[PDB]
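Take a look at the structure below.
Each sequence line gets a chain letter, starting at A and going down the list. Heads up, chain A uses the PDB entry numbers, so what you see runs 36-65, 88-325, 329-390. Numbering of chain B is taken from the PDB entry, so the residues present carry the numbers 361-394, 402-500, 504-584, 939-1051, 1058-1167, in order. All ligand and atom numbering here is 1-based and tracks the order in the structure. Below, each value reflects all heavy atoms present in this structure, side chains not excepted, and no hydrogens, waters or symmetry copies. Per deposition record, electron microscopy, 3.5 Å.
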Amino acid sequence: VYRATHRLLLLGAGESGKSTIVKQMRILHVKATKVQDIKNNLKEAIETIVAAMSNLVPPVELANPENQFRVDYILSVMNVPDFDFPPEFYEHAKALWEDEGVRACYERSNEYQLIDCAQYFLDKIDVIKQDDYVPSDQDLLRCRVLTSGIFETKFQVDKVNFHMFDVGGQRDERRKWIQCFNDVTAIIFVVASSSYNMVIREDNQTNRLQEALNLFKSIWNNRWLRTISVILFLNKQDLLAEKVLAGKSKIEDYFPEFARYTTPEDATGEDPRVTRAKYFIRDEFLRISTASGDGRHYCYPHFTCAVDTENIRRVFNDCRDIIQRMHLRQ
Amino acid sequence: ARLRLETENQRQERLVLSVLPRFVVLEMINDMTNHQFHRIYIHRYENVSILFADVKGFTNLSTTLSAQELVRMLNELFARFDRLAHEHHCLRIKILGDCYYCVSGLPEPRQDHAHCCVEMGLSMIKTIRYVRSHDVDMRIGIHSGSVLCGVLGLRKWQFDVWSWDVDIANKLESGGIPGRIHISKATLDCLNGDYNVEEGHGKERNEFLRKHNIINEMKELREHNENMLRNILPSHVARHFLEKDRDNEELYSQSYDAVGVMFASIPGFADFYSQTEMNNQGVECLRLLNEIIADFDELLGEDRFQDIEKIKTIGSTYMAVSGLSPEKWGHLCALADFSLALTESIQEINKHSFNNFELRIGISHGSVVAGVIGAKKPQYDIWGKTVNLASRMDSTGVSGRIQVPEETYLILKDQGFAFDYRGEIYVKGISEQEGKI
Ligand SMILES: Nc1nc2c(ncn2[C@@H]2O[C@H](COP(=O)(O)OP(=O)(O)OP(O)(O)=S)[C@@H](O)[C@H]2O)c(=O)[nH]1
Ligand SMILES: C=C[C@@]1(C)CC(=O)[C@]2(O)[C@@]3(C)[C@@H](O)CCC(C)(C)[C@@H]3[C@H](O)[C@H](OC(C)=O)[C@@]2(C)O1
Ligand SMILES: [Mg+2]
């Protein structure tokens, strides 16, 4: 029954949402440390905000001098990795978040590296002050954690067995992927879309999306993975939509071919720019696929949002039909 | 005609089955009668025990007597080695320089490896007694664990075993205390507690990982077997081994004058190896290694390198000789091209994978003695001073760069005169080797 187990793996750059998509799929159908992770994600988010408040090359003003004491407090607790969760510091962080300077720094967070969930996590401070509420499914899927070792997850659907292979995206872990390049039914490629504007934290020069696209070119053209027909799940679509609707940043900041690009004919409340952005990233992946196509691997782009559920289930149903087709070796 | 064909086919099959045990040769022969990866014949095995040997005084005897007599004594000692080993349910894996290792119960489960330990003690005392009639002392390293067995490459396949346990055994033998065994806990817990053993080594090896040293159908079958012969052993040696005079003449040898030797190594592979729970037991790592070696062999067969003959592969180390078959110094140019092509091949497989691998290359020139050292198992081999000179030039080299002996050519430029490495025989300052220009 080796074939009957549809084993498939996700490959992509760091913070592309693969672990989140695994968690969302798991809760869609098949603790104290989790709450700790919520708190720690909040801590690092606010820490990075206030560190880049001053470390940023263009200085940003502070709303009120009275919060300079809290800024010094957070600077003192910056180098400290101790797991401190005092209500006083929660009140301090609440005071900072209502300052216009901190909000402006968050809006200017595109210059440095910051976790994506921060904003949402920055609205959970009032209820995380109590530290007693049970986290919701949205809260669980908003949690941020790193993945280094490759992970396998059981799966069952329509009375058949699937296997999830979630691997790391950091360059240090890119050597481990060959450990699972064999006998895999399909590849579920996941690339963070809204992270087009970010850059990698491994080098601090190259864009996260550019690095992801180069990794996709490597994976698709790999001389050992030529009969597996990768399936594309571009995550991060909701943040991409809100970012383009914001208007502060656009794809032309990094890819003027988008400015030359025009909307395709396969368009599906909406706006032209967001639709053509998602379609353009899909079309760039498809261009890399077809230009390196060999007649055996086929790319089926499908737009995904990990935090969403209806989108998750719809795209997962489409992909499950695709995997059911490919299983028979048509 | 049918009887004659059956007899000759049986003889040829037995010549193969001298090496390459049944459980893998069956899979190969099944594959010949009719893939995202190059395919590999490794199977996991448990409850295996690894012995090791190494002449500690080979540097104290290689210089004294010539290569021919040294080969004579090495052949007689290794013939005793192999016979006494086959007496005690032990099968040689390979012979490399002076090293010699065997496993316990690989084709089928078996234990009681201490019998082979006392057997090794008796054999070693016999060898030293024969030699006295020069320091030829040797160290015993035995470790128990689980291994992966199989063959790699598309030319000169040999039975080989890879694991972390065999690495521990290699380190145990490399420890020292000649004439005494390394009987680390993995063997004490397995064998028994009634055996009298000491406290173990004080400190000789690097304190790392805490080793705790304490008619048409018959014709088709004949064609398949002939193909496998041609893919295992050299043509003339295979012809000599097919007919009589396999055992009547113990040593088959010949000395050659204008010979070159090349060694290449991949030090970083020990980095990439990892025996976790997801990748079965590192089988994917050995798949990558088999891909590398297959690329090297596929590069070998091309028309641009005809006078170079692959001999053996020690781990990720490639040994290739030149001048053995005379049919001028263009063959050393061919060896240099071989090294350059190997470097480009490993860089290509670097870029195809997602890690970094580098090659250490050492070339030497001189006169060698080439022959077969094992009558029961056909293992073509080389010996001589230049052999260990090349081995040291490879081991005492810098990764990603090619080291060269005294310059005897000018076609493609070299660089790096100021090395003056101490070596092991004497100090010798000779340049290094880059590409064509
Ligand atoms: N708002 C929003 N947040 C998302 C979305 N997708 C993922 N996230 C959040 O982004 C974070 C990063 O996801 P994660 O799964 O950790 O990336 P990763 O690729 O596994 O990280 P790595 O191991 O490669 S470094 C998660 O905490 C998740 O909550 C999304 O579509 N919308
Ligand atoms: C590829 C396998 C791996 C990682 C582990 C292993 O068992 C080895 O193959 C042995 C020990 C093993 O094959 C026994 C022979 C010999 C020649 C001692 C090998 C080399 O030491 C290899 O190291 C090299 C690369 O020289 C090494 C150690 O590398
Ligand atoms: Mg992850």
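- Lab note: drug at ligand 2, from forskolin, terazosin, evocalcet, identified as forskolin.
- In the deposited model, most contacts to forskolin (ligand 2) involve the chain that the PDB entry calls Adenylate cyclase type 8.
- In this entry, the other chains with a heavy atom less than 4.0 Å from forskolin (ligand 2) are B.
- Structurally, no covalent attachment point of forskolin (ligand 2) is modeled.
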